[PDB]
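Structure note - boceprevir (bound form) present.
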Protein chains: 2
Amino acid sequence: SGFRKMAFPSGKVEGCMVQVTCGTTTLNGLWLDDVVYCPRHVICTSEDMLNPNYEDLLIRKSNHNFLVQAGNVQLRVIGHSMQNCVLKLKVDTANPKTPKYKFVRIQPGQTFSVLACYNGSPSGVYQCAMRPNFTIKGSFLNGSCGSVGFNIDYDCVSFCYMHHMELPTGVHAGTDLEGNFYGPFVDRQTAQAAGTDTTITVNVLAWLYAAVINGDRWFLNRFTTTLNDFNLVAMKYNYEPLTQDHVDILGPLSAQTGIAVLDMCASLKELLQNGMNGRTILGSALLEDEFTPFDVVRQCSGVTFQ
Amino acid sequence: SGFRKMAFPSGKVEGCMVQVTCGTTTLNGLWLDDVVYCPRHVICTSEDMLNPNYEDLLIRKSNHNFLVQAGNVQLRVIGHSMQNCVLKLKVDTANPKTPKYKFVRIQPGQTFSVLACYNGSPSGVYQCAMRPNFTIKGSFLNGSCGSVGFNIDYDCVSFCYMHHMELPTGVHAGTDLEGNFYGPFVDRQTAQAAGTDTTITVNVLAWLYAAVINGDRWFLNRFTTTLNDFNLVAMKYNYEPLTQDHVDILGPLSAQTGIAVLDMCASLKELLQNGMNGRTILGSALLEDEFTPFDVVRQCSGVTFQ
Ligand SMILES: *[C@](O)(C(N)=O)[C@H](CC1CCC1)NC(=O)[C@@H]1[C@@H]2[C@H](CN1C(=O)[C@@H](NC(=O)NC(C)(C)C)C(C)(C)C)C2(C)C
Ligand SMILES: *[C@](O)(C(N)=O)[C@H](CC1CCC1)NC(=O)[C@@H]1[C@@H]2[C@H](CN1C(=O)[C@@H](NC(=O)NC(C)(C)C)C(C)(C)C)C2(C)C
């Protein structure tokens, strides 16, 4: 019983966090095997910022301009390269704590855990989603750049996010671990329009199923809807279109609860049109969209990690 | 920028989680040095449950009736004792991953991180508060007993909760790591009245300060209130009394924001009386009470852990 915004256990990632310094700029890096990955803007000066030429900036640097600190221990940089918006620092020592890992570029609507760090030291862990507009609503202060997002599957850490910047609305932008930004963003100080966000419909449906699994049925109704008629209402409320593939993905939850997907869509329609009239669902007065179908199955089923 | 329900990094605790089996009952234990701590009801049969005599039950057990598994490795139990509602299993091997630790019995209104585990393996981490009625609103399934709650301060893990049981409302009850229940609960299957819960006023105020720090002032007003007149309104809305000690604890946040505590109390009063009229605070449509003053300072300041 219960339902919480649950992060993955962070231990496998904590062992990979380091501090990278170049000049007066210090941020975090990710140490896997003998490579440290970090945002390339570590190489920039404040005045380099409106349109840095990173190729030009990096050619002017030497291995010895990079200081990497793992705990108390300085790691010697023996090589460096740039891949998209990430810098790869080859170091003299392979990380003995390297977990089994992969790099993944996630789709909008997928969730991940963030290990927020400062000066190479973990501060906290929380769950995020990749928004439809390719921002994340994180909690990041000065010094958190290079903090990473991840998912865990059995023993394998799948890294999917590295933090780079804050947008004027207070939301966050960054890259995959190959250095490609999510969204239209670039690592320069130029005005940058974040698209208008939308609500992740398939996730709202997943969380309504979680509410049912946990014993709460008050928002259910006797109605059904067609997919087409549901999507007409979704559009009006700034919800993402629901596809047949989303319907299929919700199959396991529909089967467990005995509530067909399009019957749950009729409940969501009624909630969008009527509100909650002072009632809550899983302790929220808003419809929650940062749980995927898999997140619900995981937490209502008790999957663990090796 | 941003504000999330943030847990502590769990790595130091993950290294301490083990599986304990006695008969047909399997749950989690906490392995520190050469001792494994777990709920004493691991020794019970289903039929032992309405009023077990645990002294009588334990005298009938031998070291070899306890199976402890750390990962793939079986640890030999070489001694056993009962302390209140926890069983202490002395094992042949000291845990090489034992962190610096303490055991703490927390006050109602304090928060902690839970590492939910199953069969000795961590599943996820989330933040909880000890409610005024000494329950927690966790996420726990069959097999999660023996999962622990904790706080971290520099390098020191302060354990404060071990999970034992679920109450009929879906909330959770358990003990400190010395085996004393929080609240009036006992580890038997007898009807057990959980008191009527209340909202943690000092924490709501802390979270309103967090909202201001993060740039949002819409709920502020020009009014002030006396403590006495605030508490008269608190009572009507089932909020805990605010004391002068709470006011003092909110000092740092009041100083950082330039908003006196009793001025923030006037904003909360107006929110209780008027509602939010369709507005949100830090992404919530409800007033959030599971952040302490210290949690806010930590997350709006970037404290890390050694
Ligand atoms: C990280 O590098 C770090 N040291 O932790 C840093 C975190 C931010 C949070 C305060 C400092 N990231 C940057 O400084 C990043 C680098 C420049 C400027 N950056 C920003 O995040 C700025 N945002 C911004 O310029 N947004 C646009 C471009 C107007 C949309 C800040 C004003 C928040 C510093 C680059 C290379 C993008
Ligand atoms: C843990 O032992 C475990 N194996 O993980 C287990 C978790 C619960 C969640 C389903 C099993 N805890 C117990 O089984 C615990 C033990 C008995 C019964 N327990 C309960 O939690 C029961 N609740 C209960 O009896 N509540 C009262 C007493 C009516 C208020 C369940 C009905 C949830 C099993 C004891 C010793 C309390």
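Letters A, B, ... label the chains, following the sequence lines from first to last. Numbering, chain A: per the PDB entry, residues 1-306 in sequence. Numbers in chain B come straight from the PDB entry, and the residues shown are 1-306, in order. Method of determination (from the header): X-ray crystallography, 1.4 Å. These numbers come from the heavy atoms of this one structure, side chains and all, not from hydrogens, waters or symmetry mates. Atoms within a ligand are numbered from 1 in the order they appear, just like the ligands themselves.
- Most heavy-atom contacts to boceprevir (bound form, ligand 2) in this structure come from the chain listed in UniProt as 3C-like proteinase nsp5.
- Using a 4.0 Å cut-off on heavy atoms, the other chains next to boceprevir (bound form, ligand 2) are B.
- Looking at the UniProt active-site residues in chain B, the one nearest to boceprevir (bound form, ligand 2) by heavy-atom distance, rounded to 1 Å, is B/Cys145, 2 Å.
- For atom 30 (C) of boceprevir (bound form, ligand 2), the nearest protein heavy atom (residue, atom name, distance) is B/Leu167 CD2, 3.6 Å.
- For atom 29 (C) of boceprevir (bound form, ligand 2), the closest non-hydrogen atom of the protein is B/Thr190 O, 3.9 Å.
- Remark: distances from the non-hydrogen atoms of B/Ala191 to boceprevir (bound form, ligand 2) are all 4.0 Å or more.
- Looking from atom 25 (O) of boceprevir (bound form, ligand 2) to the surrounding protein, the closest heavy atom is B/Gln189 CG, 3.6 Å.
- Distance check on atom 8 (C) of boceprevir (bound form, ligand 2): every protein heavy atom falls at or beyond the 4.0 Å cut-off.
- The contact region for boceprevir (bound form, ligand 2) on chain B lies mostly in UniProt domain Peptidase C30.
- The nearest heavy-atom contact from the protein to atom 37 (C) of boceprevir (bound form, ligand 2) is B/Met165 CE, 3.8 Å.
- In the entry as deposited, the covalent bond from boceprevir (bound form, ligand 2) ends at B/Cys145 SG.
- The closest protein non-hydrogen atom to atom 23 (N) of boceprevir (bound form, ligand 2) is B/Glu166 O, 2.9 Å.
- For atom 18 (C) of boceprevir (bound form, ligand 2), a protein heavy-atom neighbour is found at a distance under 4.0 Å.
- Considering backbone and side-chain atoms alike, B/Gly143 places an N or O below 3.5 Å from some N or O of boceprevir (bound form, ligand 2).
- The source organism field of the entry for chain B says Severe acute respiratory syndrome coronavirus 2.
- Close to boceprevir (bound form, ligand 2): B/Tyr54, with a non-hydrogen atom less than 4.0 angstrom away.
- Nearest protein heavy-atom neighbour of atom 3 (C) of boceprevir (bound form, ligand 2): B/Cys145 SG, 2.8 Å.
- Not close to boceprevir (bound form, ligand 2): B/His163, with no non-hydrogen atom less than 4.0 angstrom away.
- Remark: minimum distance from atom 14 (O) of boceprevir (bound form, ligand 2) to any protein heavy atom is reached at B/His41 NE2, 4.4 Å.
- Residue B/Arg188 approaches boceprevir (bound form, ligand 2) through these ligand atoms, each under 4.0 Å from one of its heavy atoms: 28 (C).
- Summary of contacts: the protein heavy atom closest to atom 11 (C) of boceprevir (bound form, ligand 2) is B/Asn142 OD1, 3.6 Å.
- Inclusion of B/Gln192 in the set of residues having an N or O under 3.5 Å from an N or O of boceprevir (bound form, ligand 2) is not warranted.
- The binding site of boceprevir (bound form, ligand 2), defined by non-hydrogen atoms within 4.0 Å, is formed by B/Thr26, B/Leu27, B/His41, B/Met49, B/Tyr54, B/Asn142, B/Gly143, B/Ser144, B/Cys145, B/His164, B/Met165, B/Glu166, B/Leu167, B/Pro168, B/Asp187, B/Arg188, B/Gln189, B/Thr190, B/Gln192.
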